[PDB]
Peer 1: 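Here is fosinoprilat bound to Angiotensin-converting enzyme, soluble form.
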Amino acid sequence: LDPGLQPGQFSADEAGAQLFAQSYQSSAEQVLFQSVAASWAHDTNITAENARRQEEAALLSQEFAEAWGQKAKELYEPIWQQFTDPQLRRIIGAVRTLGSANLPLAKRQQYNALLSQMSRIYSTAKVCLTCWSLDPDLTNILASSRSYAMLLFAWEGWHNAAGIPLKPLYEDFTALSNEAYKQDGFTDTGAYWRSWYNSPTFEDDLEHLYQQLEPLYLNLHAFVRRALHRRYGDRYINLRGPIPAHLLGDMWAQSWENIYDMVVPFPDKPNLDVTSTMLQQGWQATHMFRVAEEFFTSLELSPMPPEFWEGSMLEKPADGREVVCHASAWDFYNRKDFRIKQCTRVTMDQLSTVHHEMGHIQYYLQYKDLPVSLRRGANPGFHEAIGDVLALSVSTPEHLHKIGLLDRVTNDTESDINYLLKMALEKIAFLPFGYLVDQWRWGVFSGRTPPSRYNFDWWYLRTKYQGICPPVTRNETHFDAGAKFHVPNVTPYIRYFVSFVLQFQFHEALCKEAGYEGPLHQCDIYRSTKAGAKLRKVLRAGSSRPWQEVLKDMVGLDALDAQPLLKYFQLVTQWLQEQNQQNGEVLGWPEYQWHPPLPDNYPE
Ligand SMILES: *[C@@H]1O[C@H](CO[C@@H]2O[C@@H](C)[C@@H](O)[C@@H](O)[C@@H]2O)[C@@H](O[C@@H]2O[C@H](CO)[C@@H](O[C@@H]3O[C@H](CO)[C@@H](O)[C@H](O)[C@@H]3O)[C@H](O)[C@H]2NC(C)=O)[C@H](O)[C@H]1NC(C)=O
Ligand SMILES: O=C(O)[C@@H]1C[C@@H](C2CCCCC2)CN1C(=O)CP(=O)(O)CCCCc1ccccc1
Ligand SMILES: *[C@@H]1O[C@H](CO)[C@@H](O[C@@H]2O[C@H](CO)[C@@H](O)[C@H](O)[C@H]2NC(C)=O)[C@H](O)[C@H]1NC(C)=O
Ligand SMILES: *[C@@H]1O[C@H](CO[C@@H]2O[C@@H](C)[C@@H](O)[C@@H](O)[C@@H]2O)[C@@H](O)[C@H](O)[C@H]1NC(C)=O
Ligand SMILES: [Ca+2]
Ligand SMILES: [Cl-]
Ligand code: NA
Ligand SMILES: [Zn+2]
């Protein structure tokens, strides 16, 4: 570790810890910048040389974390929990968490190499017949093909190409990750991840939220399954079984918005899928980011700095570079450089993703003056919710009209049902998936799910919560969890379930603050500087304060709450229940063992 980056001696008291934290911040920014920059260079240009550079930067970060973490314990272990400065307690708490820096050198290198190789495999995997990438090629097939056999080829091809080679690496990663965090005092890595929510009843709290939400998902599921049965027929759709996992418009069946045309009940109302209008009008990726930015500035939040426009990767490169296309938002920890890396496609759902990413950036801009250790969301679910809250306002027909994407605005109950159904395909359908991904990983980290049951337990959970089934037989040579970005890229997922609940609590509070009085689903907080001020107070707080207190200041409650989401969707919840009763549906999938047959001439 460079001499200028090493911790000196400080007095073993709170005054000394303040100075220690200031000195840490100065050097941490340098070490994080080099690590984030090396990761950027690789993720926008996947090469062996750039991977090498990123692994060397990660090794330096581990040296830094070990030196400062050990110094924090040497000086403050018996006293930091009693410091009067609550933010300093949180800073010291973070610095003394070494994570992978607990590993000896050789295992650090193995750990860093595994992360690099799992990332490369996921983002360079192809499906060949001439080869298709996940983004845009297979994504577009899953979204717009209605050939059962073509969807199956893409779904099976992708899961095989990404998942199979990842399994041996993921086993090794898990063991090293657990070894690292056991030395920070956690039973396993999942316990460390769950500890971020600082709730002794986290898992019970989540389960009670899901019990309130599940009836909405069950009714959406049955209605969509019936719509698919009318198109694909009784051979490929079992009205009492799980839905084949490749038929819902998305590789992971996690968002069902692409099958809106098959379920829309009132099709002579305005067409809420504005993708075709975006294309007709000549929208490009940069337009989508400028439109998102101007929503933020309408709230008197910050515009994107020049460094963002000059440095970001907002489209897939056409120069032959391999890149990580999965959308992400980057803080370089120098208070200057902030970037999005997204292979943006011109579609309505990508407009939502753009807003999601710019919500991340906006958080970074607002808390950039805090100490580096507090530059994060009040909890990770907060960070995932910011952009989604704005996207809820952007998606309303009145707002789409204002930005020229919808010529006619109607305000009637049929239009309400269309709108809420489309939003439910996006928000309700996701809930079981957002919940189940980390249940899978928590079991892997705890040892409940050994490598010999990776796929067995994945599909147990996929069927249990989502009510889907694989369209071809799978076995433990397959590693289908690994075919989802966040698993090989070691990004926790429960934050997205928390986000999908939280964003409706935020929306309700900001709509009230904006003076809006009508139905929650027609609120648009555009140009509400009062709502902007309330959101800004959250963003500027970072992790300086307990999330429960930040939430209470914002929405009036110190806990996650499903009631705002339930209230948003109430009209379509009742409508779907009525439709399913009238149609004689079975809610759920009691024929849980059912899988569809293979097409006759497959893959031929
Ligand atoms: C879409 O339309 C709904 C319903 O509009 C109502 O019913 C129609 C058939 C017409 O008769 C309308 O004239 C009538 O308002 C709108 O929802 C309604 O919004 C108004 C405010 O714009 C709400 O009134 C307020 O209520 C609060 C608390 O009660 C008072 O403090 C205010 O002073 C004000 O009176 C009204 O409650 C609300 N109704 C429902 C059922 O939500 C909706 O705003 C509209 N959408 C858009 C985008 O304009
Ligand atoms: O794709 C998913 O599964 C989820 C749900 C989706 C969301 C889009 C808007 C509407 C609701 C669904 C967004 N997302 C993401 O992973 C996008 P991120 O930036 O969090 C992914 C961040 C990955 C970790 C990272 C962070 C910084 C730099 C490099 C890597
Ligand atoms: C992608 O990364 C590679 C390195 O992995 C870059 O190639 C280097 O480019 C510099 C300047 O052009 C040369 O001096 C080096 O000799 C190159 N190294 C190798 C290994 O080829 C490449 O420029 C990057 N591409 C983009 C578009 O940024
Ligand atoms: C695992 O699965 C591989 C792929 O074939 C699958 O299983 C066979 C039995 C058929 O049902 C086919 O439709 C499926 O896609 C096999 O190549 C492999 O042998 C299977 N077994 C193991 C241990 O890997
Ligand atoms: Ca779409
Ligand atoms: Cl999380
Ligand atoms: Na989608
Ligand atoms: Zn995100």
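Residues take their numbers from the sequence shown, with the count starting at 1. Excluded from the calculations below are hydrogen atoms, water molecules and symmetry mates; all remaining heavy atoms, backbone and side chain alike, are included. Order of appearance sets the numbers: ligands from 1, and atoms from 1 within every ligand.
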Peer 1: Enumerate the ligands or chains that make up fosinoprilat.
Peer 2: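 The answer, copies included, is ligand 2.
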Peer 1: Which neighbouring residues and nucleotides define the binding site of fosinoprilat (ligand 2) at 4.0 Å (non-hydrogen atoms)?
Peer 2: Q254, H326, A327, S328, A329, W330, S352, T353, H356, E357, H360, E384, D388, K484, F485, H486, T491, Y493, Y496, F500
Peer 1: So which protein heavy atom does atom 1 (O) of fosinoprilat (ligand 2) come closest to, and at what separation?
Peer 2: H326 CE1, 3.5 Å
Peer 1: Are there other ligands or ions under 4.0 Å from fosinoprilat (ligand 2), and if so, which?
Peer 2: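 Nearby: ligand 8 (zinc ion).
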Peer 1: In the protein, which heavy atom is nearest to atom 21 (C) of fosinoprilat (ligand 2), and how far is it?
Peer 2: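 Its nearest protein heavy-atom neighbour is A327 O, 3.3 Å.
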Peer 1: Checking a contact table here: which protein heavy atom is nearest atom 27 (C) of fosinoprilat (ligand 2), and how many Å away?
Peer 2: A329 O, 3.3 Å
Peer 1: Among all protein heavy atoms, pick the one closest to atom 7 (C) of fosinoprilat (ligand 2) and tell me residue, atom and distance.
Peer 2: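 So the nearest neighbour among protein heavy atoms is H356 ND1, 4.2 Å.
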Peer 1: In fosinoprilat (ligand 2), which numbered atoms sit nearer than 4.0 Å to a non-hydrogen atom of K484?
Peer 2: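 So the answer, numbered in order with elements, is 1 (O), 2 (C), 3 (O).
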Peer 1: Please identify which atoms of fosinoprilat (ligand 2) are closer than 4.0 Å to at least one heavy atom of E384.
Peer 2: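 Answer, ordered by atom number: 20 (O).
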Peer 1: Please report which non-hydrogen protein atom sits nearest to atom 20 (O) of fosinoprilat (ligand 2), along with the residue it belongs to and the distance in Å to one decimal place.
Peer 2: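 Checked against all protein heavy atoms, atom 20 (O) of fosinoprilat (ligand 2) sits closest to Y496 OH, 2.6 Å.
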Peer 1: Among protein heavy atoms, which lies nearest atom 24 (C) of fosinoprilat (ligand 2), and at what distance?
Peer 2: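 Among all protein heavy atoms, the one nearest atom 24 (C) of fosinoprilat (ligand 2) is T491 OG1, 3.5 Å.
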Peer 1: Determine, using UniProt annotations, which domain of chain A has most residues touching fosinoprilat (ligand 2).
Peer 2: Peptidase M2 1
Peer 1: With the threshold set strictly below 4.0 angstrom, can you tell me whether any protein non-hydrogen atom sits that near atom 9 (C) of fosinoprilat (ligand 2)?
Peer 2: yes
Peer 1: Need the fosinoprilat (ligand 2) atom indices (1-based, order shown) with element for anything under 4.0 Å from a heavy-atom of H360.
Peer 2: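 Listed by number with element: 19 (O), 20 (O).
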Peer 1: Looking only at protein heavy atoms, which one is nearest to atom 19 (O) of fosinoprilat (ligand 2), and what is the separation?
Peer 2: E357 OE2, 2.6 Å
Peer 1: Could you list the atoms of fosinoprilat (ligand 2) found under 4.0 angstrom from a heavy atom of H486?
Peer 2: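 Under 4.0 Å from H486, fosinoprilat (ligand 2) has these atoms: 2 (C), 3 (O), 15 (C), 16 (O).
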Peer 1: How far is atom 30 (C) of fosinoprilat (ligand 2) from its nearest protein heavy atom, and which residue and atom is that?
Peer 2: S328 CB, 3.7 Å
Peer 1: So is there a nitrogen or oxygen of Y493 less than 3.5 Å from a nitrogen or oxygen in fosinoprilat (ligand 2)?
Peer 2: yes
Peer 1: Go through fosinoprilat (ligand 2) atom by atom and flag the ones less than 4.0 Å from a non-hydrogen atom of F500.
Peer 2: 11 (C), 12 (C)
